[PDB]
Structure formats: structure tokens, C-alpha cells
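Caption: PDB structure containing carfilzomib (bound form).
Quick note on labels: first sequence line is chain A, next is B, and so on, each numbered from 1. Heavy-atom basis, side chains included; hydrogens, waters and symmetry copies ignored. Ligands are counted one by one from 1 in listed order, and the atoms in each one are counted from 1 as well. The structure shown is a partial extract from the entry, and contact counts are restricted to the extract.
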Amino acid sequence: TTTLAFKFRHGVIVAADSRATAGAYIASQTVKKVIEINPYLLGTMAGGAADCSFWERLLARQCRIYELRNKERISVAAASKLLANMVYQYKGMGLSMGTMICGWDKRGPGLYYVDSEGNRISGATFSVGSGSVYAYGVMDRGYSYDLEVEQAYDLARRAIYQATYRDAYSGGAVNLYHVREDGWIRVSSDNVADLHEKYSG
Amino acid sequence: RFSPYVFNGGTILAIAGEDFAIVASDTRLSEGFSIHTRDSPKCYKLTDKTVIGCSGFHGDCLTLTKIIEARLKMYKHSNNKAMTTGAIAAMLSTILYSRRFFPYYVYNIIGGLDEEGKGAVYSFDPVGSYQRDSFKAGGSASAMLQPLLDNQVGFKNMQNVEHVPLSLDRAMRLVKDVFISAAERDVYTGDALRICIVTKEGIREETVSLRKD
Amino acid sequence: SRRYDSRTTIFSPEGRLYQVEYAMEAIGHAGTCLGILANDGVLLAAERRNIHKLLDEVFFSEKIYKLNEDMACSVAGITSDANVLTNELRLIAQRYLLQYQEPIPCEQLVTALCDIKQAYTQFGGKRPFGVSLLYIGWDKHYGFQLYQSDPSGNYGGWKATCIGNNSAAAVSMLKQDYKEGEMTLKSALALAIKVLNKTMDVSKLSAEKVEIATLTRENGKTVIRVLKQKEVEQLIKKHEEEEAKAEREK
Amino acid sequence: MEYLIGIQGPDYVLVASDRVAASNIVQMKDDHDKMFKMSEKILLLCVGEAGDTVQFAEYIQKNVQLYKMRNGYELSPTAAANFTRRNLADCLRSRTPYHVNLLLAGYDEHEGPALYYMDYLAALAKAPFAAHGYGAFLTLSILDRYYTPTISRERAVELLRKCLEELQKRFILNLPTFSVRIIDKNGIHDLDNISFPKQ
Amino acid sequence: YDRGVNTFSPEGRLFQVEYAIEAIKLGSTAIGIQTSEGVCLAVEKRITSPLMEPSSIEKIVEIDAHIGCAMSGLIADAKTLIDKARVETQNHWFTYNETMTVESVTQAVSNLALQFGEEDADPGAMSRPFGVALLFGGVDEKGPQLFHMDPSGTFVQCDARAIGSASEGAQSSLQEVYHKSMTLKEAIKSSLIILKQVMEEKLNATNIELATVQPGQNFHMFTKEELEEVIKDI
Amino acid sequence: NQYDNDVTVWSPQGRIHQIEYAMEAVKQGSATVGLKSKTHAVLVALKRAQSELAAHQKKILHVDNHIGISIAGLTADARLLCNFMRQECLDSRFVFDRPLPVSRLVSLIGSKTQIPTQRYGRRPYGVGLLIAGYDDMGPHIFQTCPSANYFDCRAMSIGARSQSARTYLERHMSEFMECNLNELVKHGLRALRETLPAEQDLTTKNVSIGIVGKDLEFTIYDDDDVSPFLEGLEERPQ
Amino acid sequence: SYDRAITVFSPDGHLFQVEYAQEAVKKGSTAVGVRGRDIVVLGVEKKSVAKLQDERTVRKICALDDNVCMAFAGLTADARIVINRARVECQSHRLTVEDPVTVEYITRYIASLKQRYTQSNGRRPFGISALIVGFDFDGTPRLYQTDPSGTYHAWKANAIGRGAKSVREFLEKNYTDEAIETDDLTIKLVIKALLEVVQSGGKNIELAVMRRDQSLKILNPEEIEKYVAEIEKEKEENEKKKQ
Amino acid sequence: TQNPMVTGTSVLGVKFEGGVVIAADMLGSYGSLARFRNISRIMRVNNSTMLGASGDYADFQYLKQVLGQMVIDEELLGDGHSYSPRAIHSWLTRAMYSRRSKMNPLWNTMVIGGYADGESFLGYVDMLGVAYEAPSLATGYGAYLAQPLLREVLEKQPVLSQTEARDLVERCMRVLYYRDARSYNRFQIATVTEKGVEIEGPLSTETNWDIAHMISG
Ligand SMILES: CC(C)C[C@H](NC(=O)[C@H](CCc1ccccc1)NC(=O)CN1CCOCC1)C(=O)N[C@@H](Cc1ccccc1)C(=O)N[C@@H](CC(C)C)[C@@H](O)[C@H](C)CO
């Protein structure tokens, strides 16, 4: 895996690869690792595939029920806290799962990192997965809060790309989403083979 | 001590066409270095529009099969309609994850038709992680089947080739070919190949023969 | 089964709980028991119904229970229910102590018992406890304190109050001789002697018939003491020497 | 790995913690806060296991606040400390033990300033000064060398600076910035973050 | 003379259930109309004081994006049922990745019918039936659908139905104006007309609430302005 | 009056009034008919409507591929019992991979429904059932009462004014065993229509049919699918 | 346990136990509350002044959280139960959700609790009604009212308890935009409304106010006597020079 | 059962024209010890089916008790329905898998033979719940020794007569007695036909030992 997300002036950028492995064997390269919880809430996905999918889906259910009950939309902090609380009750049982809850809140752009270990921290930028370090490199070397939209897109896409270059367990296609105040938008979905041609020559 | 698992072999394949869906599997049930039976297809007809392939540990295969049957019936009694293919996929996901801490040792591939009549494959992992595919292999010889279909159906690594959609005929011969090749290298794959074709007309069953060694 | 049920936790058409009121009627027949709050302490004074020539007297008291090193209580009604509630009170106090490592604030203890009584009024189908309680104590939050709790699970903090037989007249009599902010333990004892004198059906009042305890603050520690017969006799005699004195002016 | 430090003065309690939230080999947060306001005059510095820290700390916090709402007055720092110690000790031999080391800073209207130290085994001990984490091994001795019971808050802050600088010198972990707060008769006061202009 | 909550009358009915049916008759009257262009639900709010904020009176709620519900009688009882319905729909979405048919939801809620009793029961189990009546209006694969449910648990599909105090009269007035081909505007108009007839207070934009569920649009609660624009053509 | 309100109270005449009161619930619903040939089992149910704007109440329910039922009484209890039967059938298929013999399912219904008639605070099931099934003993029509008693029938009718239908069936029992499917459904429809005044008769809007047999799984015909059965019937007398 | 149906339907379709509980509420001390622009005020009448009783230990106004306060009318013990459970819930909400609590939410919780007690075996409806008051984030001041039945609504101003209809009518005829245009004027409105039913005093009235992002503030009898003096002055400077 | 004690070895099965035949020795072994040399490891489950069992004999006795009770329970009704061999096989599969999933297996490997509705049935059931149908079956060492012989014949001649199948079985039992160190020269043969289930008494296997005098040359 190799997901990453950072918040700047114009919302929250979210990006991921799509590779899924079963050992050294590449089981898939067409995995949607950015779960669409709500039209304003996204959840990245890294680690145990079934674990992430199931728990974030359940999170989506819970957020929907919250929306119906309280006649208002759930906050990013509340969603992340919900997921964290659900996951914590299974601590030590072997759930492998590291996700990012991103969205736009009444407090503006929101981004949280939530672990199967029990972590839950808000922050500006985050990178999760086997290739997270490689992404962290370029992302940190190119990040700014005053980044223009297309620039942020380039930064995220490139970071995930370099990550796929070094990390043997990351590849497939770079997917890119943008979270704005009126909801999120599916920015891009470029295959790595094409991005190679674009970035090298 | 005591192990509640035993690998029984078996290979499984599903291809999705524009108006069809193929679900095929070998018919060899084995254990250790021995053959249990040569007449054991891994294909299970769920509905007129949906066929399931289950490989791995035979106990969990049987159990999961019967469970899926029962729950199909339940859904039918509850909503007065048959389960759509994608619905069966989601249900299967939940059922598989329900044993997250004592998994069914089963590789599952669902092949059928969606609500628009088009073909669809859904590939699963033993604990419920699934996705929709045009074509996927699973089971012992999976790594032998996948790369060819990536080349021939996905047209990958081929320069200036035409993207002609897969016809039922070509798909059929492709299935027979990959299974025949797998029978050469995989020791768990052999005896016979059962193929299940799913169209608007219904479900056909064909049976090619594989080597017995 | 449904026939034998007396429906103890059910609203009456007027919007009231009959078993609670009947329990109040039970309390009205029990020995008179009052308490007064002062500036240098707080005291309890109760009529003794266990007054017979052949009784053995093997306890420090009869209607005065020690609950906590900073708290004591007196009781009126069914004595066994009183035993249950007092034991439970001690339990609660020791739990709070075990948890926070400091004495339980008086009001918290009272509310803690009252929640149980209320619970007995709302569900379970059991009869409520026919017991009213008076609580005296000291804590670092509100100093000296007097409380009263009824079987309804309801409670309140008082500067002086009474509970038991002839409680009403005793309350008005306390209203008359009250002294907000100017009360000392001695004058409070005088008041207690007076009220208990007029309210107790058997007049003259020997020290045999009453029971008085005081809670005071002395050198950092809290002292709870039950007065001996002699001291009570002193208070009574003084009351008569103040009653035969005011009657001279005629 | 996390670092806590507490220094009690005659009428105040000075507390400080690192601002690093790290996982694996990377710092994931440079502004992490390890302190929890429980009363208007009580701070809880919790550190340790992944989810155990926040879970336990927030549980204690909300229970203290519940006490405040139920009774109209706040728990004393001592009562608080023994409450947390009771909770932590009760879960010690249970199915769900909380692996947390903690400090409790407080000011009482009666007893004055107070600092408490708690093992993950829930052993509560009052101290003029304490520290948690590996960094403690490098700082405690310093605190032994220069601490006096009558130390002024300015001198206390300077001492804290000596400690943190020592961390910058000998400790192999990064730890560039530190949260610093003080507690007195006027409650909790946030101070300027002690930081070292590395990069 | 007191008896068990699961006692039968000599006529062959449960006393408590019948009494609940009697309880419905004291509730705010509501009307639901089914139309191939969508389903509409209207209900009077019965404001008992000018000081009472009318926007805090909701007798029409959203079960899901494709299903809305109107209620009459003891509303407090209805809240539980509503939440149960929402939870059921979300569970079904989680499990099967699809929306619930209106009939399935209605049936699911209807399963909590005679789930009451004394002996041989759970500590938190219901002691009495729900004194409320429900109209489920929604759009599924079978198009627009309207269902009715009463404390007996008997649920049935209706083309047009009125529940509440003015049940009979409003039902007659409904029978007089319903043909299985009305437009949604006609349905809303008729609903508000019959409502104005049966209501004791003057029908206005803050006196009632109206909501529609149509094949192309989600559950929509009519705002003040839209309500006015329909009341306009009285 | 003192033996009326509890199911655990015998009357001095050796009767249980709550059970009988529960039996009265069956007669409160719309009538239904069940009959069997030698190859087919058929349920014909008269659906009832509140107003003309309300759809007609479901009266025929699917249990298993070889078993269906027709209800008469409290729809909630009906749904309960139905779900029970469905569950038992599913269990039988899960365990033995063969369909549950109808008679055994009926026996289980008896056992289950008997329990609450003997416990304080409990109540009998306020519903009567007609069960049509097919197994390797042929077709079967069963009847279950709130009294937890069950009957194996050649033909039966339960509910409001079902006496007429009963009287009809009792004359054509001898014909039933040899009829083809269409004639069987015919007889069922005539029996059903006997329970109506001459001012009203059967319609595609108020008649449901359930059929199971050696050549057919249990199927339910409701609206336009009922017409091939109604169209082919006498004009009836007055 | 006690598996007995207590609250059941009557042949006319009534829940007698709930109605009885409402009658128990009717016997309670009058409790009123009004909602203003930047303030919200709750006042309770006949506090049963015995003058030998500590006023603090018998207050009918309780804070549930820093955000929400609440007054009640009816059985005081039941009210203690409900209040404590409400406080616990207010904390649990913070535990499961980072955000605090909305007035509507805690009101809904209390209402649901009461209803649950109207439909559960072996239990018995709470004999209280509650006036819940708060200033949830977004600044919007809100006041709600609950009922033993489980029903709950929002109000601009309301009253419960002994002679609640009288104070309801008074408030209906007196709630304007001119009134409650200033904080002191809203408080004066509450005091007047209370005086329109209380046994003519001021030492019988307990009034408390919540304002903006501040904490709950209870009014001392001195300040209450001051506002009552201004009210008795406005009743002789605008009602004496015209009548 | 986590540690099997007294056990029985191979169990053979094979279909023939109008019936099914099953074989199993009468030995219960306590490790390498031939402890109980006279026990039946074959049960008559009603008139249409029959069961042979390998593994822990006690667990087999348990299953024997349970199955016997089920058959009695059914026979009490007399409603004209009875357990088909396939049904019994399905039940047994369900049971073994259930015990497997409780991490408390019944240490048995079983062969169910049957004849109902004119069709011959032969089913295999594991202790893990692995079950299947086949024209020939062999458990334990049989699966390595007897089964290859059985398949050789059945792929050269699918349909066998009863005498042919019986001969095949006899020869297989001979091979097993030769090569299986935990077998015994005293076995039983059970047969299902339309006439019912018949278990033939203590049989012995003729043995050739001429290759004993081939040491030198
Ligand atoms: C079949 C594929 C498509 C999915 C794959 N599943 C699997 O690998 C399943 C999981 C079975 C299981 C049992 C018990 C408890 C948990 C899981 N295992 C198997 O299918 C069979 N194998 C047996 C021998 O070989 C290895 C696995 C998977 O989840 N892969 C993870 C890595 C992993 C995590 C935890 C356990 C096992 C594997 C993955 O791709 N993660 C990516 C993100 C997600 C959303 C796909 C990333 O982490 C990136 C790609 C790096 O791997």
C-alpha cells in the first residue's frame, strides 16, 4: 500500500496506489483504497484488506445512522473517534489496519490518522503503508499550505508514484481525490506505466 | 496437537463477457499426495444468474456452500425477490468476515450477470475482501492462470494490438487452454475441467478432460 | 400470581405512591427524634422506646449509629430496615474512602442511600423501607451539617429539624426558638431538652427515656460522643431551673 | 519514545512533555499534546501504549468532570490521584490492563501544590519532582543536583531548560519541542514552548 | 378487574391491541397518497401554544433517502420504531449493498408487533403494544409505494390512506378524489384540501408538514415557502 | 367470568376459555380453502380489503419449495409461525440435504404451539393455518388450530362463513382424488365462492392461489395470473 | 426479576399510570423558563420555605454540563435519578464523540428514558417534567420541555407544575420582542411571570441564568430583591400613573 | 478427542450392480498392541444404509449410539418417510464438521454404504468434515494400498457384479494384511442390496509366503 493525505488552503488532498498482494504474488492492481464514507467524508485504506474494508464500511453505516438521528452531518473528529473506539475493542487480536479519515468539517478541513493499534491523531500531512516513507520524502520536500490546487495534485500524484517506484508492494495506478467544502471530487486515476512516461520524458 | 485445516487443492476461474459469464474449475479432490476423487467439481449453481466457485479446504467449502444456499432462501422469503449477483457478493463478504478469527479456508470467485444483463466477476479472499473483475483466477494453479489472461484478455504488454471484446467462443477456448497448461505443472490440478456458462438463456455445463497423473 | 401482587410501586390516581405515605404513617408512630445545627458542633436527640426495667443495655446507643469517623446518624421507624440502611451507609462510606482516599462528603452519602430508597419506590415490586433518618456530620466542603431523609428517597439539609412522633409541634417549636448564625452547642442542647420535654408524651423526662449525641470539631479531628445519664440529668434540671424561674414573673 | 517531567515549587507545579507522536522510524506529529485538563487546577500527563493512553486518560478525565457536575465542587489533586490509581490498579489483573505511566499535577486551596508519580503497575507516589521515559534517566540526576524546595518558578523554568538541553545533547531520540504549563492558585497557565531551532 | 396483557376477548382479539387502536383515534390526522410520479405525506401539527416552536414537531421523518414515514398517536412510542427502521435499512445496506424495498422495511417494523408480555420474557422486553399508526411512503424498484401499519402489526399497501382522529371522513374524501393516475401536484393539492377540511385550526404554512418521495428525487421535506406556494392555490 | 382471563385456569366444566377465545380469532379473518388431488395440493384464499383504496391482504405464504400455507387470524402470529416453519425446513435441508416431510413439520407446529397454552402469562397463537405440501407420501393438506391441535385433511376450510365451503367440499371429496389441476382449482374456487352472498363473487383482485405438486414447486398466483383459473367457471346460482 | 406490566392501555385508550405521573407533576412547585437573545433564564416557585432548611440542598435547578442546565417539576427523587443519568450521558457523549452535547440531544435522551419507563416491565413512569436550557455551539439559545409520557418539544418560554396553565397564559400574553430585548429585561419577565402565581414574596423564588459562553450563574436573594424592586417600581410608574 | 486411544485401521467400500459392499478388520489397536481382536467396526444404520469406521473406537461407539437413537426416533413415527443413505451421509458430515469447529473432533474417518431407489451409494466423511461420493473408497493405508487396485478395475469396468466386487474386496484385504502393520487377519464384510443390510461373520484371508524362500537367489 501507499496512501497519503494532506490538508492545505483549498481543502484536503487524498491519494493512493491500488496494488494488493498475497505474499510476493500481486493479487490485484485495481483496488479502490479510498473509501467514500460520505459525500464529505473519505477514508484511506492500508494493511489488512478485509479488515479495512469491513470496518470502514461499518463506519459509513454508523455515520449514516448518526446523520439520520441527529439531523446533521457527523464531524471528522467524531467519525475518526467512532472508528478508533470500534477498533480498540479488538486490540491485540491481530487486526492489521491503518487508515486516514479526511473531510470538511464545521472546523474546516479535517484529517485524522487512525490505527488498529489504537492511535488517533490529527495532523497536516500523513502517509500510511509499506511505502509510506518514500512518499513522506517527496511530499515533505514539496509541501506548502499555500499550494495551488494543480500543484497539490502534482505533489500527491508524484509522491505516490515515487513510492511505487521504491516499494515492491506498491504499484498499479495512482488514484487522487480532492475534498472541498461542498464535498469531495474524484480528481484522477492515472496508471503508473503512463506516469513513468510523463515524469521521465 | 490437532489441525482443523487440510488443503484439498483445486483451481478456479471466472471470466466476464458482455452478455455472458464463465465459471470453471477442475474436478480433482486430493489430500496430501493422494487423490480423494476425480469427480468433484468446484462449481456451485446459486441462482439462474449466479454461479459460485469455491476452492481450498473441502469442509469449509461444503459448509459455506450450504450456508449460502440457506441464506439465499432466507432472502427470497424476506424480500420476495432473488438475490442479485452483487448482493450475493456483499453477503458473502460479511459471511466470510464473520469468521475473521477462525476463517473459512476457502478461495471464492463469483461469476454471473448484473442487473443490466452484462457479465460480472467478483473475486474474494478467505476473510471477505472482494472486488469486481472482468476475469480472475484462484486456487492452487492461480499464479499459472492469471498471467496469460492478463496478456490475452487484458491485452497487457502488447504494442499496437486491437482491443476487440472477448467473445464467448474465444473465452471458452482460453479457459480450456489455461486449464490444460495448468494440469501440466500443478499437481493439484487435473482429471477433468467443468465449465459453467451463464447467459440470459441460463446456465450451460460443459466438461472437458484433463490428464490423470 | 397477578392476583396476589399488591402493586407496591404504582401511582395512585391522584398521582402519589401509597406505600410511601403509609410508611410515613409508620414513622409517625415511632420515637421522637430531632437534630439541631450549631456553630461549634451539631447534635442529635431521640426518645427511647426500648425503655423497660429488664433491658440489659449492652450497646453505646439505641437509635444513634456511627457511620463514618466524621459522620453519625439517627433513625425513626422500623428498626430492622434501619439496620439494613445503616449497614449499607457504612458500606458506601468505606467504598468512597477506598476509592478517593478521603472521607465521603455528607450530602454524597445521603444521596447515595436515597437513590437506593427511590429505586425501591420506582421498581422491584417490593415494599419501601419504613425509615426516616437524620444525618449529622462534618466535612471540608460544608463543615457541620444536618440532613433528613424520608422513605420516598427524598432528602434535605436542615439547620434544625425533627422526625418521629409529635414531629409537627416539635418543628414549629424549633421555628420559635431557632437562631440562624447565633446557635451554640449549649443553647442547642437546651433547645433539645425543651422540645423533647414538651413533645414526649410521658412528661417529667428522666435521662432513662432520652438519648443525646454530639458531633464536634476538636484539634483537627472529629469527635462523636453520646452523653452519659448524668449530663442529660444536668440539662434537664437546668431546664426546670429555667422553667420555674420564668414563671415567677406573674 | 515519550518524555514527561514535573517540578513542584512552594506554591506552583511546573510540568512539561515532548510534542512528538512517532510510529516506526518516522515522526507523525510535531505538535502532540500529552496533557489532560481534568479540573481547573489539575493536569494529567499520560504516556505509554498506543490506545491505552488516550482511552484511560479520557476515561479518568470524564469521570472527574462527572464528579464536578454531580457535586458542584472539583476533586482535590490527591483524591484525583487516588481515583486514577484505583482505576489503573483494578484493571491490572483484569482482561484489559492499561499500560500507562503518568504524572498528576495539581493545586489545592488547602494543601497547595502537589505532584504525583504513577507506574504502569499503578504504584502511586508523591514527589517534589519526577520524570517519565528514557529521558528521565538523563534528567533526574540533574534535578537531584539543582533542585531546592524553595525554588522560584523562573528558576524552575531555567532548570527545566537545563534538563531539555541535556536531552538535546545525550538522548538519541529527536524531541525538538516541548509543551510547558504551570499550575497555581489561578489554575492552569500555558507557557511558551521550549524549542530548539534544529531544522 | 385486572387481567394479563396477552388476554383474549371472547370475540377473539387481544384487549391491549384493541385499546391501542382506540388510542390512535386521539392523534393528529395524516394522509398519504401514492402516485406514479411519487408518494406524498401530509400531517397537521396541532400546535397547542403560540410559544411552542412548531419546527420541533416532526410527525414526518426520513427512514432513508428513498423512504419517509408519517405517524399518528403516541409519538414517543413511534420514535423507537423509527430508529429501528433506520437501523434495519442501514444493516441491509451494509450486508447486501442495496436499498430496502418499502415493503421489507414496513414488514421489519411490523415484526415488533405483538412483542410484548409479562412472564417468560426478557427484563427489557415491552410491557404493552405501541399506541401508534404508521404510513410508509417511498420509492423502490416497484416504483412509488405507500404502506399502512397499525398496533396489530397488520400492514397493507394503500393507494391513498388517512390515519388519525379524522380518519373516516378524510378517507371518504380521499375515495371521492382518487383515481390511479393522478399527478403528484394533484395528490398534494387534494391532501392539503382534505386536511384543511378536517382540521379545527386554519390551515397555514406553519400548521402542517408535507413531504414527497419521487423516482428522481430523494425524500424532501417541504420548506415554508414551498408550503405557501401550494397553499396559495387553495 | 373468573376462568376467562388465564390460559392456566381450568373451568369447572373441564375447559380452558382462553384457548377457545383464541380459537374465535380464526373466524375473524377471511375464509380460505385447501384441497388435494393425488398429484397436487391447492390452496385458494379470499383476500380481504379495508377500503377500495387499500390493496388486498396477503393470505398465502411461501414456506419451502415443497410447502406453502394459508393463514386465518392474527397476521403477526401468522408471520411468527411462518418464520418458524421456514426455519425448521431450512434446518432440515442444512442437516439432511432432503426436504422436511410435511407431517413432521406439522408435528413441530403442534409441539411449539402447545407450550404457551400451559404457562402463566403466556397466550395461545391466535391463528389458524392450512398447509399444502408435497413429499414422497404424495400431496398433503393440513390444518392447525390455536389449540395446538392439527388435522390431516382431504379437504378443509377455515374462517368467516367457511361453513358453506366445508359443506361444498364434503360433497366433492370423492371427485377430488382424480381431478386434474384445473378441475381441482375449480373446486377450490367454488368452495371459496360459496362463502359469499350472491351480490358479490370472485375477482382477480380478491383471489389468491397457491399450488404445489409432483411437477410443480409451490407457486403463488395473485392478480392477472389468476384469470386463467377464474375464466372457465360456471355462472353460479342465486 | 419483577416481570409485571405496570403501564398498560385502558379500554378508552389511555395510559393511566402516565396520566397519574402527570398529575404528580401538577402538584410540583411551579417551574418556568424563557429564552432570550444572549441569555436564558429558569426560575422555580414555591420552594417550601421553612427557614430552618438549607436552601442549597433543595435547589430545583441543576447543571447537566457546562453547556446545558435544567429545571424540573414533580417528584424530587425521580428528578435526582433523571438528572444524574443525564449528566452521565453528557459525559459519555464526549467520550464516544469529541464534540460536547447539544440541548436537543440530551433532551431527546431524557425523553427516551422516560418513555422507556412508560413501556418497560416492572418499572413505573418518572413523576417529573423538565425544562432544559442551553446555548449549543453556533450561538443559538434553546429551551425544551419534557413530559412523563416521553414527549418533548421546544419553546420560546414555558411553565410546569402547580398552576402552570396560569403562568403559561401570562407568558403567552406577555412574551414580546420588546420584552426580553435586554438580559435584565428577560430576567424581569421571568420574575414577573413567577410573581403572577407565587404567594407574593421573592424569598420564595429561585432564579438562575445562562449567558453566552459563560458558566451557569445563580442569582442571590439580594439581586432578586433588586430586580423585584425594579419590577415593583415599574408597576407603579407605568401602572399607577394610568389607572 | 485430542488423543486417540484404541483405534481401528482401514475401511473399504465399493459399489456393484444393485448394491454396495464394505469391509473392515475386527481389530482395536492400543498403539502397536493388537489389544481387542474381536470387535465390529461396521454398523447397520436402518435397512438402506450401513457404516464402517476408522480411527478411535470409542468415538465410533458414540456415533453408533447417536445414529441408532436417530433411526429409532424416526422409526417411531411410521409416517412413511425414512433416512436415505445420502441423508445419513449429510448428517454425519454436519456432525463431524461441527465437532471439528469446536476444536473437539470425533477421531474417525468413515465410509457409508447404501442402496435406495435403485441407486448404489458410497460416501466418505473426514474428522474435519471433508466429505464426498465415489464408486470406490478406502480409508487409512487402504487409500494408499487398496484404492489403487480398486480404481484400476473400475476404470476398466465401471459396473461390477456382487461376486466380482466381493473378490476385489477380498484381494484388497489380503494386500492390507500383507503391508499394514496395524491390521489383522480377521475381518467383516457388510452388504447393502434391496433385500437389506447383511454383515457376514469372522472371515480370514489366505496368505502366500513362498517369497520366504527367495533369500539367496
Ligand atoms: C488476496 C488479496 C488481494 C488480499 C490480501 N489477503 C490475504 O493475503 C489473505 C488474508 C488472510 C487472512 C487470514 C487471517 C487474518 C487476516 C487475513 N491471505 C491469503 O489469501 C492466502 N495467503 C496464504 C499464504 O500466502 C499469504 C496469504 C491482503 O489483504 N493483502 C494486504 C497485505 C496483508 C496485510 C495483512 C495480512 C495479510 C496481508 C494488502 O494488500 N494491503 C495493501 C492495502 C490493502 C487495502 C489491500 C497494502 O498494504 C499495500 C499493497 C502493501 O501490501
Next on the checklist: Would you mind finding the main macromolecule in contact with carfilzomib (bound form, ligand 1) and telling me what it's called in the PDB entry?
Outcome noted: Proteasome subunit beta type-5
Next on the checklist: Quick one: what other chains come closer than 4.0 Å to carfilzomib (bound form, ligand 1), going by heavy atoms?
Outcome noted: A, B
Item to check | carfilzomib (bound form, ligand 1) binding site, heavy-atom cut-off 4.0 Å | outcome: A:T1, A:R19, A:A20, A:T21, A:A22, A:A27, A:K33, A:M45, A:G47, A:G48, A:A49, A:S130, A:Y169, B:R100, B:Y107, B:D125, B:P126, B:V127
Checklist entry - Using UniProt's active-site annotation for chain A, which residue is nearest to carfilzomib (bound form, ligand 1) and at what heavy-atom distance (1 Å precision)? => result A:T1, 2 Å
Checklist entry - Which residues that bind bortezomib according to UniProt in chain A have at least one heavy atom within 4.0 Å of carfilzomib (bound form, ligand 1)? => result A:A49
Checklist entry - Can you tell me the name the entry gives chain B? => result Proteasome subunit beta type-1
